[PDB]
Amino acid sequence: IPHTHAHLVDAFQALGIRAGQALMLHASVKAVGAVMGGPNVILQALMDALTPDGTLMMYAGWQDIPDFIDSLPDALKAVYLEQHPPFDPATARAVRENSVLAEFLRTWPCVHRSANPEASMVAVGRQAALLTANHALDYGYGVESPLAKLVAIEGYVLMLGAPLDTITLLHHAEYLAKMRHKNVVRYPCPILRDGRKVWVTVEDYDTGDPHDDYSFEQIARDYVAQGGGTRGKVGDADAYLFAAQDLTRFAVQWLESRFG
Amino acid sequence: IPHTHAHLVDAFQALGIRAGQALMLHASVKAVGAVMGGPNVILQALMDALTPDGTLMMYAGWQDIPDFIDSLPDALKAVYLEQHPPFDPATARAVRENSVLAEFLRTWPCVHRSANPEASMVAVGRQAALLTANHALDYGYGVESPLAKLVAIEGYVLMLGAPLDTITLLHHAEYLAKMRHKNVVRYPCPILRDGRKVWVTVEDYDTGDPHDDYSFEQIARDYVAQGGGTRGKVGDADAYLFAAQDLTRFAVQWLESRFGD
Amino acid sequence: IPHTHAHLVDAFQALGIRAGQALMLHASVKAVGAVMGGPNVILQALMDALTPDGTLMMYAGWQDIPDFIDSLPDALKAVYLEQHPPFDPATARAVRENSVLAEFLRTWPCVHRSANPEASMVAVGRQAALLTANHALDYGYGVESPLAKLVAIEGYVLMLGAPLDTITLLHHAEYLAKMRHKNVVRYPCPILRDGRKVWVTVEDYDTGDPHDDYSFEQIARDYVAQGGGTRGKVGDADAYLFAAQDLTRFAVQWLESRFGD
Amino acid sequence: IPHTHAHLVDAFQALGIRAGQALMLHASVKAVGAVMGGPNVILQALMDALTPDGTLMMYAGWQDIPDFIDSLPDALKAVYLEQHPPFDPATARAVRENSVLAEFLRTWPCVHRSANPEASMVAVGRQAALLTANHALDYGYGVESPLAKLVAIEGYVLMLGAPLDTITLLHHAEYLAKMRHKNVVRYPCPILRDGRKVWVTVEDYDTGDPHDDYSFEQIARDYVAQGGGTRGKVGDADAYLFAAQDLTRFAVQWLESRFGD
Ligand SMILES: CC(C)(COP(=O)(O)OP(=O)(O)OC[C@H]1O[C@@H](n2cnc3c(N)ncnc32)[C@H](O)[C@@H]1OP(=O)(O)O)[C@@H](O)C(=O)NCCC(=O)NCCS
Ligand SMILES: CC(C)(COP(=O)(O)OP(=O)(O)OC[C@H]1O[C@@H](n2cnc3c(N)ncnc32)[C@H](O)[C@@H]1OP(=O)(O)O)[C@@H](O)C(=O)NCCC(=O)NCCS
Ligand SMILES: CC(C)(COP(=O)(O)OP(=O)(O)OC[C@H]1O[C@@H](n2cnc3c(N)ncnc32)[C@H](O)[C@@H]1OP(=O)(O)O)[C@@H](O)C(=O)NCCC(=O)NCCS
Ligand SMILES: CC(C)(COP(=O)(O)OP(=O)(O)OC[C@H]1O[C@@H](n2cnc3c(N)ncnc32)[C@H](O)[C@@H]1OP(=O)(O)O)[C@@H](O)C(=O)NCCC(=O)NCCS
Ligand SMILES: CN[C@@H]1[C@@H](O)[C@@H](O[C@@H]2[C@@H](O)[C@H](O[C@H]3O[C@H]([C@@H](C)NC)CC[C@H]3N)[C@@H](N)C[C@H]2N)OC[C@]1(C)O
Ligand SMILES: CN[C@@H]1[C@@H](O)[C@@H](O[C@@H]2[C@@H](O)[C@H](O[C@H]3O[C@H]([C@@H](C)NC)CC[C@H]3N)[C@@H](N)C[C@H]2N)OC[C@]1(C)O
Ligand SMILES: CN[C@@H]1[C@@H](O)[C@@H](O[C@@H]2[C@@H](O)[C@H](O[C@H]3O[C@H]([C@@H](C)NC)CC[C@H]3N)[C@@H](N)C[C@H]2N)OC[C@]1(C)O
Ligand SMILES: CN[C@@H]1[C@@H](O)[C@@H](O[C@@H]2[C@@H](O)[C@H](O[C@H]3O[C@H]([C@@H](C)NC)CC[C@H]3N)[C@@H](N)C[C@H]2N)OC[C@]1(C)O
């Protein structure tokens, strides 16, 4: 029997999902196993556990972001500058490796989407506009980000069969932590400004590689080992539920003690 | 018989105030009528309806801002440049005509205050720091303002016995609207920079008069007439509750249809 | 006896016109008096004094720009939107009040014309393409204007029997000057885009009236009184020759000292 | 015994330097040998050969540009962002490796300086304002640069005992050439905006290393070998005089023939 909407709602509640929470989801559809109605039901069951007074957010990004054009031959780069479409939040597809669930949520009714193309977040619920508002283009995991706001309202992160290395919130901890050196990247990106395409330069800390000798899975496993978070099964998937404030505090101290 | 805290909470909730909302208040204490405990209880009852997870914001400004000194004779202007105190957010009193409630909220525990002297906003609650942060000195009702942020996080405006022409949010609608004519002003203002008094020039759209043949009362009454917002009684006061996003959208379209491209 | 080409060249050189200069001209044909060969000879004599390594520029504008249509009733405005021709730089006639000499220069061999319809400049000579390039539609007397470039390359302004209140360069001084009050306008204009007529909205500082209590004649006469420029006769005309950089610097200071920060 | 002004003027003239030319100089003071009056006389002799109708330009840059701060520990970078002064064209010292002569010319009477900090050019003479005007911050050796204008006005480049690898004009040829790949750099820089320090991001082609398997000395040697330019002695220094137009054309074709796509 495929997992039902009711059984998923109940499993989310048993894990500790409560009405009114703000929750960021990382997921693997395959890890959950067959669901009666497909991945829509995962999202709807989670929303139902949160109720309309809660909020569900996912990292969408932009699957087709042309941030690599400086590596191309000059003639090809010029074609990209002329012909590549800009980031349009109405149509820009979510990064496939962020789970199809992120693309499902991006196209959900009443969804709100943040403006930073590379770091774009999507959310549905009471605080969806708040979480996604005024997402700065530079340092998209920093102070002016949905991650900062998730911490401020004491939200949560749910890992639903997703590897612990994929906790996007830890990029916000990297931003906050006083470390000896962080790598800064500057890359071009087309956006919409006054309804017209404009290429801008985006500045950020490197999010493709760590700034020192560490991994996100290492931080998260250390957090779990010292009693952090709650663990349970949802469908066939191993699930972890973390408080964003405590995990961020732990991760900053973890990074500063080792690399500060 | 003075209105009680409990009855004000009930009246706010009946109007549509809910836990977690971000709310900008315009008020008249006299319109509410006698409250048991005074105007403090109006603020506390509203904060209780919003809960600590909600936010209450008011326009404080600066009662003593010397933005008029260019109109004075040179000798008097010289004294102002030498002797007028700078905007200190810890002490700068709220504009009296913004209601004594704005000054009451400005001095409330855990308050946050925005840095733009003329346009300074004060807020208490979960999003108080967010709303008041990085308030640019130029164009204080524009893109880098608490009003823009209130719209972005889909907050609300509550008129508590206040006239409809006192909706400060409509100055943000003026900023957004593409209009045939706008007045731009530059005026001096003393501020604190690294703990020292410095005189800077602030540039803004004129907020002392409309940019064309309209009034804020016209826009607000037209909004209400077409079903915008909710109306109800709080104490003795007529109250209006507006969604900031919907009101701003309406006002921008209202201005652009009459004076736009 | 009409003034000859040779005598006009000599008069221009005596005034201080030199080979290689970039020169913006304001003129009255009547003030110069009868010229042997007509106004063509005024332009050719000036170009000869400048040599091909110099540049001559005039403000052409567009005599038929329909920037007033927002004031019309909707039915009449609709006809203008459908039927009024767009700004075509090949055919758009210069503003008649800018002197027929501006229209003469607009249709001169090897002329370059800037793209801003209301503020369009025409130029012939070594720096004609440079001066007229990339003239932005918004703020046509501002940073992206031929007037800004004339200042930047330290060109000159020649008043050839033209009243001192017609110095278009002073609109660039207004743009630069930090003043207590500025009027910003938006107006419609049809242009060519990919060979098709398109209506756009242009934003600019108001150039129909000053932004404060001053006149262009007032500024220029003050400049002359303190030793600015050189004066002389060209034909029958009173002539003034100003350095664009020094006049702009003076005018910005003049405006800011009276209406500035 | 030390070289005199009169002999240096003649030596420059013998090379082909003529009245009215626009000339960019690269130099080694040591290569010229002892001059009666010091390096000032090198500059003055060159200006005299060019006459006041000519123009002399050098690449000054900024000796203290902090374009390296991303390589520093984060705590040190924060100090630079707070404490490092901005590029002030009045005081920013020329890059020492650009010759002390560039710093001498930067502080010469009637000098003009372009606004791009890393690529800043200084010039004295009739077209000094033109050459240094509107120098874009991004792609400072490209279309909106003093090198583009030097080509447009048919200027010249003089190597005065300077290595052929130091021909800055060839960075403009790199910009123009359709090459298979060019390296783009983006770096921070403090500048002045409204009299205040502001950190901006500057984008440019890498000028610290070639974009492919070539050197500027290689290009220049090939140019000389096929008859380009003139060569002679000025003091003790080997000198080369190149036409900017022809050298740029040659260098673009050279780069596209070997490294184009
Ligand atoms: C990479 C990762 C997503 C892969 O997990 P996955 O379960 O294999 O992939 P998804 O979650 O996208 O689900 C894919 C399945 O959805 C199924 N599915 C059901 N209905 C579908 C529909 N209408 N359309 C598309 N797919 C559908 C498909 O069967 C698909 O499997 P298939 O394409 O192999 O046939 C996962 O390991 C992971 O890392 N998740 C966390 C990702 C994250 O949050 N990253 C943040 C940035 S580090
Ligand atoms: C102008 C306006 C404030 C006048 O309304 P009001 O009720 O008369 O004035 P206030 O709201 O400031 O309340 C004043 C009353 O508070 C009472 N009060 C109670 N406790 C008080 C205390 N400790 N200290 C001072 N006053 C106190 C006083 O009785 C005072 O009345 P009084 O001074 O005449 O004796 C109102 O009409 C209005 O426009 N409100 C909206 C204002 C706004 O938000 N403007 C935004 C910019 S357009
Ligand atoms: C308004 C102003 C141009 C009037 O001066 P003016 O000498 O009477 O007018 P013009 O310079 O255009 O010369 C007109 C004369 O050129 C003569 N002319 C000679 N050949 C001509 C020809 N082929 N075609 C048309 N006119 C010719 C005509 O006699 C004509 O006079 P007329 O039409 O009355 O018969 C002058 O006072 C002025 O202000 N000049 C500065 C304008 C300016 O630069 N403004 C900038 C924007 S503020
Ligand atoms: C690097 C290079 C400048 C070195 O040449 P150089 O002759 O040794 O150095 P300079 O031209 O700066 O002249 C320095 C000499 O000026 C002399 N001098 C005379 N008066 C002087 C004065 N008031 N102040 C300072 N130096 C003075 C000094 O003797 C000094 O030598 P010293 O400091 O060792 O005692 C030269 O090889 C070169 O490359 N020139 C071209 C540079 C260029 O244009 N680069 C463009 C960017 S690639
Ligand atoms: C497409 N351009 C990407 C850019 O978007 C950027 O995306 C990173 C993205 O690469 C990064 O994912 C990394 O982390 C994932 C997880 C296993 N942590 C190691 C797997 C993919 C791996 N690249 C995300 N955690 C954060 C996201 N901002 O990374 C650098 C880049 C290659 O230029
Ligand atoms: C007593 N008659 C009042 C009338 O004065 C009226 O005055 C205030 C009026 O005083 C107030 O104006 C102030 O605000 C203007 C602007 C500069 N605020 C930033 C400039 C004038 C300044 N006095 C308006 N913003 C709001 C308006 N309601 O209020 C209602 C009323 C009952 O009609
Ligand atoms: C008021 N005195 C008149 C006047 O018409 C005057 O004409 C023009 C005057 O007409 C002209 O203004 C016209 O042009 C303005 C607009 C077309 N751009 C500036 C709007 C007002 C309009 N009258 C001014 N820019 C310059 C002025 N010299 O000439 C002197 C005179 C004939 O005595
Ligand atoms: C201070 N930052 C510099 C930057 O300004 C920039 O400097 C280059 C500079 O590196 C380059 O000069 C190099 O080539 C010359 C070499 C061939 N000597 C004969 C002079 C010394 C050497 N620095 C100049 N031709 C152009 C100049 N823009 O690039 C390198 C850099 C390290 O990022």
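Sequence lines map to chains A, B, C, ... one by one, in the order shown. All residue numbers given for chain A refer to the PDB entry; the residues shown span 6-265 in order. Chain B is numbered as in the PDB entry; the shown residues are, in order, 6-266. By the numbers in the PDB entry, the shown part of chain C spans 6-266. Numbers in chain D come straight from the PDB entry, and the residues shown are 6-266, in order. Just so you know, ligand 1 is whichever comes first in the structure, and atom 1 is the first atom listed for that ligand. Side chains included, hydrogens not; waters and symmetry mates left out as well; all remaining heavy atoms used.
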- Task: Tell me which macromolecule has the most close contacts with ligand 8, using the naming in UniProt.
- Result: Aminoglycoside N(3)-acetyltransferase III
- Message: Mind telling me what drug shows up at ligand 8?
- Response: gentamicin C1
- What chains, other than any belonging to the drug, come within less than 4.0 Å of gentamicin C1 (ligand 8), counting only non-hydrogen atoms? D
- Item | Atom indices of gentamicin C1 (ligand 8), in the order listed, that fall short of 4.0 Å to a heavy atom of D:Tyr146 | 28 (N)
- Query: Within the displayed structure, which other ligands or ions place at least one atom under 4.0 Å away from gentamicin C1 (ligand 8)?
  - Reply: ligand 4 (coenzyme A)
- Item | Organism in the entry for chain D | Pseudomonas aeruginosa
- Message: Using a plain distance cutoff, I'd like to know if D:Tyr64 has any nitrogen or oxygen under 3.5 Å from a nitrogen or oxygen of gentamicin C1 (ligand 8).
- Response: yes
- Message: Below 4.0 Å, non-hydrogen atoms only: which portion of D:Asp72 touches gentamicin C1 (ligand 8)? Side chain, backbone, both or neither.
- Response: side chain
- Message: Does any N or O of gentamicin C1 (ligand 8) fall below 3.5 Å from an N or O anywhere on D:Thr171, backbone included?
- Response: no
- Query: Which UniProt CoA-binding residues in chain D pass a heavy-atom distance cut-off of 4.0 Å to gentamicin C1 (ligand 8)?
  - Reply: D:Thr171
- Going by heavy atoms, is D:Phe221 under 4.0 Å from gentamicin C1 (ligand 8)? no
- Item | Sub-4.0 Å atoms of gentamicin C1 (ligand 8) with respect to non-hydrogen atoms of D:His176 | 25 (N), 26 (C)
- Could you check which of D:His31, D:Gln68, D:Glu123 puts a non-hydrogen atom nearest to atom 27 (C) of gentamicin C1 (ligand 8)? D:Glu123
- With a non-hydrogen cut-off of 4.0 Å, what is the binding site of gentamicin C1 (ligand 8)? D:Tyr64, D:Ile70, D:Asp72, D:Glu123, D:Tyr146, D:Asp170, D:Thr171, D:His176, D:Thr212, D:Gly213
